[PDB]
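Heads up, this one has atazanavir in it.
The lettering of chains (A, B, ...) simply tracks the order of the sequence lines. Chain A is numbered as in the PDB entry; the shown residues are, in order, 1-99. The numbers used for chain B are those of the PDB entry, and the residues that appear cover 1-99, in sequence. One-based numbering, in listed order, for ligands and for the atoms of each. Just the heavy atoms: all of them, side chains too, but no hydrogens, waters or symmetry mates, feed the values below.
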Protein chains: 2
Amino acid sequence: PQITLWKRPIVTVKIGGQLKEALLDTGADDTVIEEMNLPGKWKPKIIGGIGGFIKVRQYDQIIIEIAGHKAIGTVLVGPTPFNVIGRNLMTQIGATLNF
Amino acid sequence: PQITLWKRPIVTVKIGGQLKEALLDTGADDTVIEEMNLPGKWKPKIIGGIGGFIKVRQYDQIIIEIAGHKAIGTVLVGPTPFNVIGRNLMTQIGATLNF
Ligand SMILES: COC(=O)N[C@H](C(=O)N[C@@H](Cc1ccccc1)[C@@H](O)CN(Cc1ccc(-c2ccccn2)cc1)NC(=O)[C@@H](NC(=O)OC)C(C)(C)C)C(C)(C)C
């Protein structure tokens, strides 16, 4: 699709077998999802945004389906009220910025 | 252009007579630039994201060239960890997310 930027670029994604809403964020290195149980082992990570740093749990080889594309890679689980899809997964589905 | 997301989508921007590097940031409502001098009056604004909030000064109708494309709009100036171009100016240059 071509997503315009009049509003926040929030789309539906599939994680854990369920549909969720997440913002496609070209300014995010990483994918960060609100608290939830994921399969497997995790490692601590610290990530920084506009207001400073938070601690999150890093899960590897997590599948998130986006527009029919299966991206697989690192997903961070943190205390955020939303889901952010970062570049690490958007690269896998072929997402580009165009102007 | 068409910009892939394997690296941070950082472009050259011209603002206030200076060249700066800035991140094309679909996860930003606003455009936020490190401390600098801008013409005109300003209003206080509080903006937030990961880690919490920072205090910034809002300047309106600022001329800014983004990768060779003209935009005139609101620029927020404050202690941002990173210079970001937000949706408010990316829409002006016709930027879309595509996959
Ligand atoms: C290397 O660091 C990062 O990549 N940091 C990322 C990050 O915070 N990205 C920022 C840009 C940035 C990068 C590095 C340091 C400082 C800032 C944004 O891409 C995402 N971010 C955090 C963010 C992500 C998703 C959402 C959101 C909203 C509705 C539904 C789903 N998500 C809101 C804020 N957005 C904001 O903070 C914006 N806030 C904003 O627009 O608030 C309305 C600002 C900028 C205008 C302040 C993550 C922590 C998400 C991985």
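The macromolecule with the greatest number of heavy-atom pairs within 4.5 Å of atazanavir (ligand 1) is, in the PDB entry, named pol protein. Using a 4.0 Å cut-off on heavy atoms, the other chains next to atazanavir (ligand 1) are A, B.
Residues contacting atazanavir (ligand 1) within 4.0 Å (heavy-atom distance) are A/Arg8, A/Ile10, A/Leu23, A/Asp25, A/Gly27, A/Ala28, A/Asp29, A/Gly48, A/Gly49, A/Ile50, A/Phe82, A/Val84, B/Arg8, B/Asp25, B/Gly27, B/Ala28, B/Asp29, B/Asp30, B/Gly48, B/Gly49, B/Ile50, B/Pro81.
For atom 8 (O) of atazanavir (ligand 1), the nearest non-hydrogen atom of the protein is A/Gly49 CA, 3.3 Å. For atom 12 (C) of atazanavir (ligand 1), the closest heavy atom belonging to the protein is A/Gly27 O, 4.2 Å. Every atom of atazanavir (ligand 1) with a heavy atom of B/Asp25 under 4.0 Å away is listed here by number and element: 10 (C), 11 (C), 18 (C), 19 (O). For atazanavir (ligand 1), none of its N or O atoms has an N or O atom of A/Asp30 under 3.5 Å away. Among the atoms of B/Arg8, none of the N or O lies under 3.5 angstrom from an N or O of atazanavir (ligand 1).
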